[PDB]
**Student:** 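The structure that follows is given in the form of C-alpha coordinates.
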Amino acid sequence: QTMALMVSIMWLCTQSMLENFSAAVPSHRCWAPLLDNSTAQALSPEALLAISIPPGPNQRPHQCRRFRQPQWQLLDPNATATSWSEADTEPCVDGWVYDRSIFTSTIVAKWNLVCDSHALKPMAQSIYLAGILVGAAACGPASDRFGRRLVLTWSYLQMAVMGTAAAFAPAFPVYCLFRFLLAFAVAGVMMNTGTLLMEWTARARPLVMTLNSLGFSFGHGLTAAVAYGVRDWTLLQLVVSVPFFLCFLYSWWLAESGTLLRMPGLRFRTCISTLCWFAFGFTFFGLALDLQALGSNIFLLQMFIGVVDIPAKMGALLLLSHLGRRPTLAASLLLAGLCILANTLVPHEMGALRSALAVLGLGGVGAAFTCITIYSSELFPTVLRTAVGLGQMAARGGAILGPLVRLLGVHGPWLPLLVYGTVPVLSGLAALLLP
Ligand SMILES: CCc1oc2ccccc2c1C(=O)c1cc(Br)c(O)c(Br)c1
(Lines of atoms letter the chains of each structure in order from A and count residues from 1; the text may use other names and numbers.)
(Lines give C-alpha, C1' and ligand atoms only; values in the text may rest on other atoms or scores of the structure.)
Protein backbone atom coordinates (compact mmCIF):
# COMPACT_ATOMS: atom_id res chain seq x y z
CA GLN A 1 0.00 0.00 0.00
CA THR A 2 1.20 3.51 -0.84
CA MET A 3 0.00 4.85 2.52
CA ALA A 4 2.25 2.47 4.45
CA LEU A 5 5.27 3.51 2.38
CA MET A 6 4.30 7.17 2.86
CA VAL A 7 4.22 6.73 6.64
CA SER A 8 7.55 4.89 6.35
CA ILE A 9 9.28 7.71 4.46
CA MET A 10 7.67 10.20 6.86
CA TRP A 11 9.30 8.45 9.82
CA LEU A 12 12.54 8.19 7.82
CA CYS A 13 12.58 11.97 7.35
CA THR A 14 11.73 12.30 11.04
CA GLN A 15 14.78 10.21 11.94
CA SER A 16 16.91 12.23 9.51
CA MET A 17 15.85 15.59 10.98
CA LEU A 18 16.13 14.29 14.57
CA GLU A 19 19.84 15.18 14.36
CA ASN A 20 18.97 18.86 13.83
CA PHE A 21 17.24 19.06 17.25
CA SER A 22 19.19 16.50 19.29
CA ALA A 23 22.52 18.11 18.34
CA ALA A 24 21.37 21.69 18.98
CA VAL A 25 23.98 23.68 20.91
CA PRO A 26 22.48 26.19 23.39
CA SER A 27 24.21 29.13 25.03
CA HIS A 28 26.85 27.57 27.27
CA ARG A 29 29.55 28.52 29.77
CA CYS A 30 31.85 26.59 32.07
CA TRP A 31 31.40 26.14 35.82
CA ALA A 32 32.16 29.31 37.79
CA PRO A 33 32.44 29.45 41.59
CA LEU A 34 30.61 32.79 41.79
CA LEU A 35 27.61 31.51 39.77
CA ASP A 36 26.97 27.81 40.54
CA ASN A 37 28.24 27.31 44.11
CA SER A 38 26.40 27.83 47.41
CA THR A 39 24.94 31.14 48.58
CA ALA A 40 28.43 32.23 49.71
CA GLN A 41 29.02 33.60 46.19
CA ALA A 42 27.14 36.81 47.07
CA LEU A 43 22.77 39.62 44.24
CA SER A 44 22.88 40.97 40.66
CA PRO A 45 23.67 37.72 38.79
CA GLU A 46 24.41 39.67 35.60
CA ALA A 47 27.22 41.56 37.36
CA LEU A 48 28.66 38.29 38.69
CA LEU A 49 28.53 36.76 35.20
CA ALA A 50 30.25 39.84 33.76
CA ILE A 51 33.03 39.90 36.36
CA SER A 52 33.48 36.11 36.21
CA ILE A 53 33.51 35.65 32.41
CA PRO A 54 35.15 37.98 29.84
CA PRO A 55 33.25 39.15 26.75
CA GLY A 56 33.36 37.09 23.59
CA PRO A 57 31.58 36.72 20.25
CA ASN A 58 28.57 38.91 19.47
CA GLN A 59 29.53 41.12 22.45
CA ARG A 60 28.33 38.26 24.70
CA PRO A 61 30.21 36.65 27.60
CA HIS A 62 32.90 34.33 26.27
CA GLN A 63 31.56 30.78 26.06
CA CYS A 64 35.13 29.43 26.25
CA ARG A 65 36.94 31.57 28.87
CA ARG A 66 36.49 32.09 32.62
CA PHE A 67 38.23 34.35 35.13
CA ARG A 68 40.24 32.70 37.91
CA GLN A 69 39.76 35.78 40.10
CA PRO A 70 36.81 38.21 40.12
CA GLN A 71 37.72 41.13 37.86
CA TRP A 72 36.06 44.03 39.67
CA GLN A 73 37.71 46.54 37.31
CA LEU A 74 35.12 45.83 34.59
CA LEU A 75 32.17 46.34 36.96
CA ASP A 76 32.97 49.94 37.90
CA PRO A 77 32.10 52.34 35.04
CA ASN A 78 34.88 54.75 36.05
CA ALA A 79 37.51 52.20 34.99
CA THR A 80 38.47 51.52 31.38
CA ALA A 81 36.59 48.68 29.73
CA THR A 82 38.38 45.61 28.33
CA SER A 83 41.32 46.24 30.66
CA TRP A 84 41.77 42.60 31.71
CA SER A 85 44.74 40.59 30.45
CA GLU A 86 44.71 37.27 28.62
CA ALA A 87 46.68 35.54 31.39
CA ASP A 88 43.81 36.14 33.84
CA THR A 89 41.69 33.51 32.05
CA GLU A 90 41.63 29.71 32.10
CA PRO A 91 40.77 27.36 29.20
CA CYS A 92 37.19 26.75 30.41
CA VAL A 93 38.23 23.64 32.30
CA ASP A 94 35.76 23.32 35.19
CA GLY A 95 33.05 21.78 32.98
CA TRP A 96 30.22 23.48 31.15
CA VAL A 97 26.64 24.31 32.13
CA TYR A 98 23.78 24.76 29.66
CA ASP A 99 20.44 26.57 29.71
CA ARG A 100 17.54 24.15 30.20
CA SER A 101 14.93 26.62 28.94
CA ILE A 102 14.56 25.51 25.32
CA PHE A 103 16.12 22.03 25.49
CA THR A 104 16.31 19.95 28.67
CA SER A 105 19.02 17.57 27.44
CA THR A 106 20.94 17.30 24.16
CA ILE A 107 23.98 15.44 22.87
CA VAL A 108 25.92 18.71 23.03
CA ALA A 109 25.11 19.27 26.71
CA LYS A 110 25.66 15.62 27.66
CA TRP A 111 29.11 14.93 26.18
CA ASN A 112 30.29 18.58 26.43
CA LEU A 113 30.47 19.42 22.72
CA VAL A 114 32.36 22.67 23.23
CA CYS A 115 34.88 24.90 21.43
CA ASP A 116 37.67 22.37 21.96
CA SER A 117 35.49 19.63 20.41
CA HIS A 118 33.09 21.76 18.34
CA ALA A 119 34.05 19.71 15.27
CA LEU A 120 32.40 16.62 16.80
CA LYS A 121 28.84 17.53 15.80
CA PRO A 122 29.76 18.05 12.12
CA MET A 123 31.94 14.95 12.47
CA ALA A 124 28.92 13.11 13.88
CA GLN A 125 26.79 14.21 10.93
CA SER A 126 29.58 13.18 8.55
CA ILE A 127 29.78 9.75 10.20
CA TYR A 128 26.00 9.42 9.87
CA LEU A 129 26.15 10.29 6.17
CA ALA A 130 29.11 7.95 5.62
CA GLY A 131 27.03 5.21 7.21
CA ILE A 132 24.24 6.16 4.81
CA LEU A 133 26.66 5.82 1.89
CA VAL A 134 27.94 2.44 3.13
CA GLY A 135 24.41 1.13 3.66
CA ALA A 136 23.22 2.28 0.24
CA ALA A 137 26.27 0.68 -1.38
CA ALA A 138 25.84 -2.56 0.58
CA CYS A 139 22.08 -3.18 0.43
CA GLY A 140 22.17 -3.54 -3.36
CA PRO A 141 23.59 -7.07 -3.56
CA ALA A 142 21.82 -7.92 -0.29
CA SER A 143 18.41 -6.95 -1.69
CA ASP A 144 19.23 -8.69 -4.98
CA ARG A 145 20.18 -11.96 -3.24
CA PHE A 146 17.95 -12.25 -0.16
CA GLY A 147 14.97 -10.44 -1.67
CA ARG A 148 13.63 -6.97 -1.00
CA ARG A 149 11.17 -7.87 1.77
CA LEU A 150 13.74 -9.73 3.88
CA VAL A 151 16.27 -6.89 3.79
CA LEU A 152 13.41 -4.44 4.36
CA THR A 153 12.37 -6.21 7.57
CA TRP A 154 16.02 -6.48 8.63
CA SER A 155 16.50 -2.75 8.04
CA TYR A 156 13.38 -1.97 10.08
CA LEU A 157 14.63 -4.17 12.93
CA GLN A 158 18.07 -2.54 12.79
CA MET A 159 16.50 0.93 12.75
CA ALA A 160 14.45 0.14 15.85
CA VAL A 161 17.36 -1.48 17.69
CA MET A 162 19.83 1.31 16.95
CA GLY A 163 17.25 3.94 17.87
CA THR A 164 16.54 2.39 21.26
CA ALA A 165 20.31 1.95 21.69
CA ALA A 166 21.29 5.54 20.88
CA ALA A 167 18.44 6.71 23.12
CA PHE A 168 20.59 5.49 26.05
CA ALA A 169 24.12 5.85 24.69
CA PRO A 170 26.59 6.27 27.60
CA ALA A 171 29.51 7.45 25.46
CA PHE A 172 30.11 9.55 22.35
CA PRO A 173 31.87 6.87 20.23
CA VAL A 174 29.12 4.38 21.12
CA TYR A 175 26.51 6.94 20.05
CA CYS A 176 28.45 7.51 16.82
CA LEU A 177 28.50 3.77 16.08
CA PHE A 178 24.78 3.51 16.87
CA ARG A 179 24.08 6.39 14.48
CA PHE A 180 26.30 4.72 11.86
CA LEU A 181 24.27 1.50 12.05
CA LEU A 182 21.00 3.45 12.12
CA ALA A 183 22.10 5.26 8.95
CA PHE A 184 23.05 1.93 7.37
CA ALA A 185 19.51 0.68 7.98
CA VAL A 186 18.06 4.03 6.85
CA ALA A 187 19.91 3.81 3.54
CA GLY A 188 18.80 0.21 3.14
CA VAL A 189 15.12 1.00 3.66
CA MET A 190 15.44 4.09 1.45
CA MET A 191 16.92 2.10 -1.43
CA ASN A 192 14.21 -0.53 -0.92
CA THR A 193 11.45 2.10 -1.04
CA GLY A 194 12.97 3.62 -4.17
CA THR A 195 13.41 0.35 -6.06
CA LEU A 196 9.89 -0.66 -4.99
CA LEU A 197 8.08 2.54 -5.98
CA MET A 198 9.96 2.88 -9.28
CA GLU A 199 8.24 -0.27 -10.59
CA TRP A 200 5.19 -0.95 -8.37
CA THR A 201 2.79 1.17 -10.44
CA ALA A 202 4.70 2.33 -13.53
CA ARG A 203 3.25 6.53 -16.64
CA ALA A 204 2.48 7.13 -12.96
CA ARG A 205 6.18 7.21 -12.02
CA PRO A 206 6.31 11.05 -11.71
CA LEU A 207 3.14 10.98 -9.60
CA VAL A 208 4.60 8.30 -7.32
CA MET A 209 7.86 10.22 -6.97
CA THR A 210 6.02 13.45 -6.16
CA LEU A 211 3.97 11.54 -3.57
CA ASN A 212 7.20 10.19 -2.07
CA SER A 213 8.71 13.68 -1.85
CA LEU A 214 5.48 15.05 -0.36
CA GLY A 215 5.66 12.24 2.20
CA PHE A 216 9.04 13.43 3.33
CA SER A 217 7.86 16.98 3.40
CA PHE A 218 5.13 15.66 5.70
CA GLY A 219 7.92 13.92 7.60
CA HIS A 220 9.69 17.26 8.04
CA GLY A 221 6.42 18.77 9.24
CA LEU A 222 5.69 15.95 11.68
CA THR A 223 9.20 15.89 13.14
CA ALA A 224 8.96 19.65 13.72
CA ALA A 225 5.99 19.18 16.05
CA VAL A 226 7.53 16.02 17.54
CA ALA A 227 10.67 17.92 18.53
CA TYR A 228 8.52 20.80 19.78
CA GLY A 229 6.53 18.43 22.01
CA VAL A 230 9.32 16.54 23.79
CA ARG A 231 12.34 18.43 25.12
CA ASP A 232 14.58 15.42 25.89
CA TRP A 233 16.60 13.90 23.05
CA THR A 234 16.46 10.44 24.64
CA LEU A 235 12.65 10.34 24.79
CA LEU A 236 12.63 12.00 21.36
CA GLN A 237 14.63 9.19 19.77
CA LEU A 238 12.60 6.61 21.72
CA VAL A 239 9.22 7.89 20.49
CA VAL A 240 10.65 8.29 16.99
CA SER A 241 11.96 4.70 16.83
CA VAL A 242 8.79 3.23 18.39
CA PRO A 243 6.82 3.63 15.11
CA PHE A 244 9.47 1.45 13.47
CA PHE A 245 8.89 -1.24 16.10
CA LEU A 246 5.19 -0.91 15.27
CA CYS A 247 5.75 -1.16 11.51
CA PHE A 248 7.90 -4.26 12.08
CA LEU A 249 4.60 -6.13 12.61
CA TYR A 250 4.21 -6.26 8.80
CA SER A 251 7.20 -8.62 8.52
CA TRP A 252 6.70 -11.48 6.02
CA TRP A 253 3.29 -9.95 5.20
CA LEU A 254 1.87 -10.95 8.60
CA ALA A 255 3.51 -14.39 8.19
CA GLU A 256 1.63 -15.09 4.93
CA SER A 257 -1.62 -14.09 6.69
CA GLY A 258 28.77 -3.92 -13.69
CA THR A 259 27.19 -1.06 -15.66
CA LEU A 260 30.54 0.77 -15.78
CA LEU A 261 29.85 2.13 -19.29
CA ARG A 262 28.20 5.25 -17.81
CA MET A 263 31.53 7.12 -17.65
CA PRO A 264 32.63 6.88 -21.33
CA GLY A 265 29.14 6.96 -22.85
CA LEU A 266 27.27 10.27 -22.50
CA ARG A 267 30.08 11.74 -20.42
CA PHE A 268 28.65 15.27 -20.46
CA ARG A 269 25.20 14.06 -19.43
CA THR A 270 26.49 11.85 -16.61
CA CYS A 271 28.84 14.48 -15.19
CA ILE A 272 26.08 17.11 -15.29
CA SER A 273 23.63 14.76 -13.55
CA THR A 274 26.18 13.80 -10.89
CA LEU A 275 27.01 17.48 -10.38
CA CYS A 276 23.36 18.42 -9.82
CA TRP A 277 22.85 15.47 -7.46
CA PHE A 278 26.03 16.33 -5.54
CA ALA A 279 24.89 19.96 -5.30
CA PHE A 280 21.43 19.05 -4.01
CA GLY A 281 22.81 16.63 -1.42
CA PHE A 282 25.51 19.05 -0.27
CA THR A 283 23.19 22.05 0.05
CA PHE A 284 20.36 20.10 1.69
CA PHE A 285 22.41 18.21 4.27
CA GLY A 286 24.43 21.34 5.01
CA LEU A 287 21.43 23.63 5.43
CA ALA A 288 18.80 21.29 6.91
CA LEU A 289 21.05 20.38 9.87
CA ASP A 290 21.81 23.89 11.21
CA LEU A 291 18.38 25.55 11.37
CA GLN A 292 19.45 27.26 14.62
CA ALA A 293 21.53 29.76 12.62
CA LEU A 294 19.13 30.07 9.68
CA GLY A 295 16.26 31.38 11.82
CA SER A 296 15.26 32.56 15.28
CA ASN A 297 12.90 29.67 16.16
CA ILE A 298 13.86 26.22 14.89
CA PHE A 299 10.38 24.70 15.25
CA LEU A 300 8.58 27.55 13.46
CA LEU A 301 11.35 27.57 10.84
CA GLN A 302 10.85 23.87 10.09
CA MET A 303 7.06 24.29 10.06
CA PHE A 304 7.31 27.13 7.54
CA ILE A 305 9.82 25.10 5.51
CA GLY A 306 7.32 22.25 5.25
CA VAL A 307 4.23 24.37 4.62
CA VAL A 308 6.01 26.24 1.80
CA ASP A 309 7.76 23.17 0.35
CA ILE A 310 4.49 21.22 0.02
CA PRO A 311 2.93 23.50 -2.65
CA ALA A 312 6.28 24.17 -4.34
CA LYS A 313 6.97 20.47 -4.90
CA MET A 314 3.28 20.01 -5.74
CA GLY A 315 3.48 22.51 -8.61
CA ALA A 316 6.90 21.15 -9.55
CA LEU A 317 5.20 18.39 -11.55
CA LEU A 318 3.00 20.93 -13.34
CA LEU A 319 6.14 22.90 -14.20
CA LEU A 320 7.90 19.76 -15.43
CA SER A 321 4.93 18.84 -17.63
CA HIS A 322 4.39 22.35 -19.04
CA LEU A 323 7.75 24.13 -19.33
CA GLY A 324 10.03 21.08 -19.61
CA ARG A 325 12.70 19.36 -17.55
CA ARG A 326 15.89 21.41 -17.93
CA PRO A 327 14.45 24.98 -17.78
CA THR A 328 12.41 24.56 -14.59
CA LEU A 329 15.31 22.69 -12.95
CA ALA A 330 17.76 25.48 -13.80
CA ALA A 331 15.25 28.09 -12.61
CA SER A 332 14.73 26.32 -9.28
CA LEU A 333 18.48 25.87 -8.78
CA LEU A 334 19.17 29.53 -9.54
CA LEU A 335 16.33 30.64 -7.25
CA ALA A 336 17.62 28.51 -4.38
CA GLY A 337 21.17 29.77 -4.90
CA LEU A 338 20.08 33.41 -5.01
CA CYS A 339 17.92 32.95 -1.91
CA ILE A 340 20.76 31.36 0.07
CA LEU A 341 23.14 34.11 -1.10
CA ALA A 342 20.68 36.83 -0.06
CA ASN A 343 20.41 35.04 3.29
CA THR A 344 24.05 36.04 3.79
CA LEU A 345 23.54 39.44 2.15
CA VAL A 346 20.68 40.37 4.51
CA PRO A 347 21.82 41.48 7.99
CA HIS A 348 21.21 39.11 10.89
CA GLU A 349 18.78 41.56 12.52
CA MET A 350 16.12 40.82 9.87
CA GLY A 351 15.23 37.46 11.37
CA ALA A 352 11.91 37.16 9.53
CA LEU A 353 13.59 37.85 6.18
CA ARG A 354 16.37 35.38 6.98
CA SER A 355 13.81 32.70 7.87
CA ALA A 356 11.82 33.38 4.69
CA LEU A 357 14.97 33.19 2.56
CA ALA A 358 16.00 29.90 4.19
CA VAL A 359 12.52 28.46 3.63
CA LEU A 360 12.59 29.55 -0.01
CA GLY A 361 16.04 28.02 -0.48
CA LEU A 362 14.93 24.71 1.02
CA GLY A 363 11.85 24.67 -1.21
CA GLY A 364 14.05 25.43 -4.20
CA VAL A 365 16.53 22.64 -3.50
CA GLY A 366 13.63 20.24 -2.95
CA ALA A 367 12.14 21.23 -6.30
CA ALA A 368 15.57 20.79 -7.89
CA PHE A 369 15.79 17.31 -6.36
CA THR A 370 12.38 16.49 -7.85
CA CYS A 371 13.46 17.74 -11.28
CA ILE A 372 16.77 15.86 -11.27
CA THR A 373 14.99 12.67 -10.16
CA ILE A 374 12.55 13.07 -13.05
CA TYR A 375 15.38 13.86 -15.48
CA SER A 376 17.48 10.85 -14.45
CA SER A 377 14.90 8.55 -16.06
CA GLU A 378 15.06 10.43 -19.39
CA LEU A 379 18.64 11.70 -19.87
CA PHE A 380 19.92 8.13 -20.28
CA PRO A 381 18.49 5.32 -22.45
CA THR A 382 17.25 2.03 -21.04
CA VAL A 383 20.65 0.43 -21.69
CA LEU A 384 22.34 2.75 -19.18
CA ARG A 385 19.37 3.61 -16.92
CA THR A 386 23.27 2.44 -13.24
CA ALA A 387 23.09 6.16 -13.97
CA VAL A 388 20.48 6.75 -11.26
CA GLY A 389 22.61 4.78 -8.82
CA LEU A 390 25.70 6.83 -9.68
CA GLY A 391 23.68 10.02 -9.24
CA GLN A 392 22.42 8.88 -5.84
CA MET A 393 25.98 7.97 -4.85
CA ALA A 394 27.21 11.42 -5.88
CA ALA A 395 24.36 12.97 -3.87
CA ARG A 396 25.41 11.16 -0.78
CA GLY A 397 28.98 12.04 -1.28
CA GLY A 398 27.86 15.66 -1.42
CA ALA A 399 25.80 15.07 1.71
CA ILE A 400 28.87 13.62 3.44
CA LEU A 401 30.98 16.62 2.43
CA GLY A 402 28.19 18.95 3.61
CA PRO A 403 28.96 19.16 7.33
CA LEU A 404 32.71 19.14 6.60
CA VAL A 405 32.44 22.60 5.04
CA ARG A 406 30.65 23.92 8.14
CA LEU A 407 34.02 23.89 9.93
CA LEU A 408 34.87 27.04 7.92
CA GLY A 409 32.71 29.02 10.36
CA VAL A 410 35.86 29.94 12.29
CA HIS A 411 37.04 32.09 9.37
CA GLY A 412 33.56 33.59 9.07
CA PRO A 413 29.93 32.80 9.90
CA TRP A 414 28.86 33.38 6.28
CA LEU A 415 31.40 31.14 4.50
CA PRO A 416 29.38 27.88 4.83
CA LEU A 417 26.21 29.67 3.73
CA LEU A 418 28.23 31.42 1.01
CA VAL A 419 29.20 28.01 -0.37
CA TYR A 420 25.63 26.72 0.08
CA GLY A 421 24.46 29.64 -2.06
CA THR A 422 27.24 29.60 -4.65
CA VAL A 423 27.05 25.87 -5.44
CA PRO A 424 23.42 25.89 -6.74
CA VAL A 425 24.15 28.87 -9.00
CA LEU A 426 26.97 27.03 -10.79
CA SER A 427 24.85 23.86 -10.75
CA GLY A 428 22.03 25.61 -12.59
CA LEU A 429 24.46 27.30 -14.98
CA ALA A 430 25.88 23.87 -15.84
CA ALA A 431 22.47 22.20 -16.12
CA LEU A 432 21.33 24.95 -18.52
CA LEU A 433 23.47 23.20 -21.18
CA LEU A 434 21.43 19.98 -21.00
CA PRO A 435 19.73 18.86 -24.26
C1 LIG B 1 14.02 9.74 -1.19
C2 LIG B 1 15.24 10.59 -0.83
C3 LIG B 1 14.80 11.92 -0.25
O4 LIG B 1 13.78 12.64 -0.63
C5 LIG B 1 13.65 13.77 0.12
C6 LIG B 1 12.73 14.84 0.07
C7 LIG B 1 12.83 15.86 1.00
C8 LIG B 1 13.88 15.86 1.93
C9 LIG B 1 14.78 14.82 1.96
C10 LIG B 1 14.64 13.79 1.04
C11 LIG B 1 15.35 12.61 0.79
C12 LIG B 1 16.50 12.28 1.63
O13 LIG B 1 16.36 12.39 2.78
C14 LIG B 1 17.79 11.87 1.00
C15 LIG B 1 18.23 10.58 1.15
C16 LIG B 1 19.43 10.22 0.58
BR17 LIG B 1 20.18 8.45 0.72
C18 LIG B 1 20.15 11.14 -0.12
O19 LIG B 1 21.34 10.68 -0.66
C20 LIG B 1 19.72 12.43 -0.27
BR21 LIG B 1 20.79 13.71 -1.26
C22 LIG B 1 18.52 12.80 0.30
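Position 1 is the first residue of the sequence, and the numbers go up from there. In each ligand, atom 1 is the first atom listed, and ligand 1 is the first ligand listed. Looking at the header, which is where the method is noted, we find electron microscopy, 3.2 Å. What's counted below: heavy atoms across the whole structure, side chains too, no hydrogens, waters or symmetry copies.
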**Student:** Which named drug shows up at ligand 1?
**Tutor:** benzbromarone
**Student:** Name, as UniProt does, the macromolecule that benzbromarone (ligand 1) contacts most in this entry.
**Tutor:** Solute carrier family 22 member 12
**Student:** What residues end up in the site of benzbromarone (ligand 1) at 4.0 Å, going by heavy-atom distances?
**Tutor:** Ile132, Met190, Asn212, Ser213, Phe216, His220, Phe280, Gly281, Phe284, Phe285, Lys313, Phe369, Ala395, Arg396
**Student:** Provide the transmembrane segments of chain A per UniProt, counted from the N terminus, that have any non-hydrogen atom under 4.0 Å from benzbromarone (ligand 1).
**Tutor:** 2, 4, 5, 7, 8, 10, 11
